[PDB]
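The next PDB entry has amlodipine among its components.
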Amino acid sequence: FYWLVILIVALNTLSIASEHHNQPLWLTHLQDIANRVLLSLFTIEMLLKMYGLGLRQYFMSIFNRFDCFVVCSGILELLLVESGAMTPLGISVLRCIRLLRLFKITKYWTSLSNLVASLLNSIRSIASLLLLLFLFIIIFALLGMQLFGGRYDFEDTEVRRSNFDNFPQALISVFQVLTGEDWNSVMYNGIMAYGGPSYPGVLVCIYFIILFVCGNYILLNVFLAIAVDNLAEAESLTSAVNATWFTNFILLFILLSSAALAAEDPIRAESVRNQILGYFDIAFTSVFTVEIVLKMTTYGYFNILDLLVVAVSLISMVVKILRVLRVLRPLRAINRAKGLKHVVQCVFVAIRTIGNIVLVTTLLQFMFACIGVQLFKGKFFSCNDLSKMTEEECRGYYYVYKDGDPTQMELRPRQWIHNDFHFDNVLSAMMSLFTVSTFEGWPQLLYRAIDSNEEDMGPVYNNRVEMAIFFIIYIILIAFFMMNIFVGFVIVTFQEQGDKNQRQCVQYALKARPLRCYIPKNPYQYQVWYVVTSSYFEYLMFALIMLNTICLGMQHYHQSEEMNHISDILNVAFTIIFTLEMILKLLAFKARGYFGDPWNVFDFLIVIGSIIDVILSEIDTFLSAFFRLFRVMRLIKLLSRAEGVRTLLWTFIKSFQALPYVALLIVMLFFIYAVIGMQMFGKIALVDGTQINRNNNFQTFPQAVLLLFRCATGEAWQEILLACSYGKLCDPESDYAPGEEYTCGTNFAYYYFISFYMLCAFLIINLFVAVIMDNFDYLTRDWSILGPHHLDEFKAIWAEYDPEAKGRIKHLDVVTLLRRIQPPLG
Amino acid sequence: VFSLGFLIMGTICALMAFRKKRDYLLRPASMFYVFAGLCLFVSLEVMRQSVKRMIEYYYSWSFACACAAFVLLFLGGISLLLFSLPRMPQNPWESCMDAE
Amino acid sequence: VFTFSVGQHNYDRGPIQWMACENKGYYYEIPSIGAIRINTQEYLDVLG
Amino acid sequence: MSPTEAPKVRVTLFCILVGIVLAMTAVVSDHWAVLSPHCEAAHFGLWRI
Amino acid sequence: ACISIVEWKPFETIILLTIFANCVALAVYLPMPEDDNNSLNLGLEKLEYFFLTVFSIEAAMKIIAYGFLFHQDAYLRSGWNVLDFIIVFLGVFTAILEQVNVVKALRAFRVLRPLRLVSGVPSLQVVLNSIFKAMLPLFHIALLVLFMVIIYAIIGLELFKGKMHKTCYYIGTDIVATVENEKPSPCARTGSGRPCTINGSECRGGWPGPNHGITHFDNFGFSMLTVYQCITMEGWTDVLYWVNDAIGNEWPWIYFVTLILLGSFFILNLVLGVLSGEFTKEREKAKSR
Ligand SMILES: CCCCCCCCCCCCCCCCCC(=O)OC[C@H](COP(=O)([O-])OCC[N+](C)(C)C)OC(=O)CCCCCCCCCCCCCCCCC
Ligand SMILES: CCCCCCCCCCCCCCCCCC(=O)OC[C@H](COP(=O)(O)OCCN)OC(=O)CCCCCCCCCCCCCCCCC
Ligand SMILES: CCCCCCCCCCCCCCCCCC(=O)OC[C@H](COP(=O)(O)OCCN)OC(=O)CCCCCCCCCCCCCCCCC
Ligand SMILES: CCCCCCCCCCCCCCCCCC(=O)OC[C@H](COP(=O)(O)OCCN)OC(=O)CCCCCCCCCCCCCCCCC
Ligand SMILES: CCOC(=O)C1=C(COCCN)NC(C)=C(C(=O)OC)[C@@H]1c1ccccc1Cl
Ligand SMILES: [Ca+2]
């Protein structure tokens, strides 16, 4: 019987999921028939196991305090349609409460059953902080109503929907600045609402700086005191051939045969460079052949991969698909590299566990897609001109006015256009909501949903402002909450795998090594030395850098004939002062104890570069704009002062250096996707006004790699996805048959881009957590108890007395220095 | 000429570092090489620039000479510095400026 | 009395529709430039 | 001698010698550009074209 | 101290329920341009006097009871009674200044009154204090983001100062010549920048710049503003593309692609690291409570 309920709570989801726009009438009939049939069974079996479980203990469980709600609302919705029921306001509520039968699954998965049990008492703990967040938002919405409310009266005809004219609008605008999407154009409208790029007006830019920075700080506090405190407790809840140089050559060779794939003109296939690389490919292919044919003798996954890879390689000389599945070249260096097959094998581990959370958000994405279909189905059509509301009217030509000037018009044909991201079926609604979750172009869907009028009519400006809730609730569920427990399910795959102070402070003393100091000789050399290493000298030389930075900052454009002239002599003055301090230190440290310290080396380089820049810039009037950069990098000498900043930098940089294959995975993903897109999308034309243009295209390999970096950053990745969709112009250099030049691009794009984002979003997280996990002792360090910092203090005090390393010191100095070292160690 | 003189300067120390326990002397030497490459890069561009104020143009033989010597001198100085500089400490007790 | 409500604003239009419907006039909405010509030449049906 | 006897420092100290010879080569070899005004072809260098 | 009798009463739920009433007299206010009003806007300028005489005979009935001339200088030593007296002093000053002058800058202090909601609920007080004492470990990441934004502002002030003032107009006009969904980009006649392709169009100078003259690198403040906006990863590619059109395609990616690797990703890694470290610190401390 239990397995005969899932037969009918699945045949119900498929019912409500088959619903789309313009459906065949037999589908409407089949749908309401299935609804009646299924409500009958729902009620009848509820009652059957009511008398099989008795009234009192049936009411005991949490998930039948709800089932009768289904049983009641279902038939009362059957009945309200049998009344004077009317317009999609009440109707939406009927067909969407009809969806709460999709909530049965979450009770059904029985680990999803308590997942939400944990989720709900994660929020209850933090309700106070999540109330302070709403108070923050409300104060900034009111401050925006005071600053910009009623000031967006620009005389042009551009539409600026994100303003601060009333309270719901100000609230939407502050929420959009918080999600970070298109906040800069809200800032520009606010700068131009005041004067312009002038002194009083550019100070409205601090409303948005404080807004973004402090709002996102508070959001990080909110959604990180839930993945760090409220999923660490669910833990307690649940727990209680073998030649070296030869293979080095073969993996150097894999690299060459993969770099032969990068540099290949997509547009002209008959490039003499592609001709040059065709023979190179077959040479590489014979090489990779004759050294694995020899491998299948010493024996009968990775030893079969290159087996399957060299085949298509030496067969070539379908077509396109079989030159696109030759991208398996980088996927041979996984076995030849120990650490690579260690890392790849270490991430397939963290996939079959974070798969339980990837299936609950997929079902949560699906429920919202069906809600959105029931709200916005058929309502995302519109006309070229917003004056014509139905499709029979939107025909003919109309006038567009250039720059809103009624005396400069031009004719355009008016056409009934569909939004690119709509809610007509469930697949489309799921696509639209996917793009809303990455926070890209979501205000354009919000203001198109607010305008939604009726089933086949164009927008009505600010029709349904209450339709913002649907969006603001989605973003808060998926993009903020369920994303910050997908992150927690990755820490428990990292922090789990790998007293405590005791062994770590016994290791330091056991392996530590002393310093050097280079105390000088020759009382004149000691004389200068004592000045050059004096602390106040190191304050005087840090004042001159803060003074040299201001002088570089005082530069501006379209100045007059006495600011440059003083600038370029102050530059010479500073060059000479820094050279003087350099040679001063050389005289003290005797040129041997000078180059032992890496900051003195980094400073000598800055001196030598900033001297050459002087000559290059002075030769202009005596008989390379990147040499001028050696004046700015003189500012990183300040780092040597900052102890805390330097140790923080080192502690994260060293861990980035000890995790090179997690980053090699991202490099590999970028390489593979940029080689694929150069074949799939490489022949689209570079047109201005489109998203495939001269700055952003797939024609070269660096262009494709920078486009993919742009999509990783999430810039308008869904606007690029819509620029490769088969309706595209083929660029002239390419070889298309005559008449058919609008046949470029693929719908494969939809997979490509969506699989990029997701994968590129997963690895980044993976690389973040990883780097934060091998630093956890430092980031969680109680500075009261003990630490390697005291032991570095001890090394310092030991090296002062004993500059030359030499190990030993004499007992008198030994006991004398004991008073210095603080209680924790001394 | 500036670049060539830089490389002359770099070679003297890059050799004099071999005897008398003078390992350290490979740090300035390295840096000098870098600058040579740097100036050579500059050289490239200015000639390129003049080429585009004077017809068909072509960089044929000595351009690849310089665009290889500059690239290799640059990477060689940078790598020689990184091989003369000890190591990013990698452990709580390790230090740049360690004894041996 | 012929009243014209110009632009795209959130203000209330009931009052001016009343002014029009009370004093034997008419009520027009001009949201854009392309709406002007036809709405400013149509009062001549009421006058006829 | 760990920085002066290890082989990965000598591969570099030699690979820079290649740059040294091609650098003294780039300074005296005038073959690195052409003009064709339009035959009167010039071959350019740094000291003389 | 005859009023000490009152403050001990449930005289705090009367006050945080008229603090919620002044939060609605702010939300229903409609801001209109160029000195216009409605009837509801002029009604709520009468309710301000009521709220202003309720939040003063609430303090002057409390600064007479507990606080005094000095007596401890401790009643004020709450951190919150120092807030409400500011919030209720600005209310009288700005409520009298306009009637005596018979300023709209000074009306933007009325939005600070919702802070008495927290100064009147005790739980918000602990949450706010906790949130702030998690900000001092971030003294080194802030000192690093600051000095990195400064370095990138100074570098872009040197390589890009004054290069984005040319664009193409129609020949002999002051109309900027763009395409269907293009936004005005820089130009470079006689260079490696982009040449203008629009038909009847030439490349002239004296253009304010790309975002109505807001995005550019030609003094320290504007350079710092565009660096900050790039470091938030919003519109960084438009700035990259404009620098490309100004000076050419091959070098400037090094400036931007690095600032996104070093300022966006790397610094975010550090911030997340320090915050989660502090959170687990406090958690393992309180799990022993
Ligand atoms: C505080 C601790 C951390 C902070 C330190 C981190 C700061 C990082 C600083 C990076 C500087 C940015 C690189 C310069 C950008 C070049 C601009 C450009 O190409 O076009 C404009 C200009 C072009 O100007 P132009 O003169 O050609 O313009 C007009 C054209 N002509 C010449 C005809 C008039 O670039 C140049 O001048 C030439 C540049 C050559 C190559 C420059 C690369 C050197 C820098 C490499 C950086 C290495 C990676 C970063 C290292 C650490 C960071 C992770
Ligand atoms: C409760 C159900 C249980 C079953 C769950 C099964 C597992 C699902 C997990 C995958 C996640 C999917 C979420 C993505 C949103 C869905 C996008 C979509 O459905 O788009 C369909 C799109 C229709 O778009 P439309 O505008 O109608 O196009 C008209 C012209 N063709 O037409 C298309 O062609 C879109 C093609 C879709 C391509 C999707 C590829 C995604 C692959 C992900 C791999 C990377 C993830 C790695 C792990 C991430 C972190 C762990
Ligand atoms: C922290 C986590 C987040 C990510 C961490 C790690 C991810 C790494 C991915 C970073 C991607 C950024 C690299 C961008 C390089 C792209 C170069 C570029 O955009 O320059 C454009 C310029 C145009 O010239 P061209 O291509 O010839 O055509 C123009 C007209 N002729 O081109 C030129 O003229 C100059 C030629 C440029 C050649 C230099 C090589 C650039 C690409 C190599 C970088 C690595 C490539 C491998 C995959 C990278 C991913 C790791
Ligand atoms: C803490 C964590 C987060 C951080 C939050 C704090 C953020 C606040 C930072 C915002 C500061 C932005 C200041 C912007 C205003 C600077 C002046 C300016 O913008 O205008 C440029 C000015 C000339 O412009 P113009 O008006 O055109 O001149 C005449 C026209 N013919 O030319 C000038 O005069 C500009 C002069 C400024 C040069 C200074 C260069 C940097 C100085 C700092 C060096 C050391 C850093 C501080 C040390 C602290 C160490 C503890
Ligand atoms: C880690 C993968 O991120 C994604 O690609 C997802 C996005 C992008 O989210 C970024 C938020 N700005 N939006 C949707 C809707 C997803 C989905 O439907 O999974 C099948 C996933 C997702 C979202 C939140 C939590 C986990 C996941 Cl796997
Ligand atoms: Ca964006």
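Lettering of chains follows the sequences in order, A, B, ..., and the numbering in each one begins at 1. What's counted below: heavy atoms across the whole structure, side chains too, no hydrogens, waters or symmetry copies. Ligands are counted one by one from 1 in listed order, and the atoms in each one are counted from 1 as well. Partial entry shown, contacts counted within.
All copies of amlodipine taken together correspond to ligand 5. Here the macromolecule bound to amlodipine (ligand 5) with the most contacts is known in the PDB entry as Voltage-dependent L-type calcium channel subunit alpha-1S. Going by heavy atoms, the other chains that come closer than 4.0 Å to amlodipine (ligand 5) are A.
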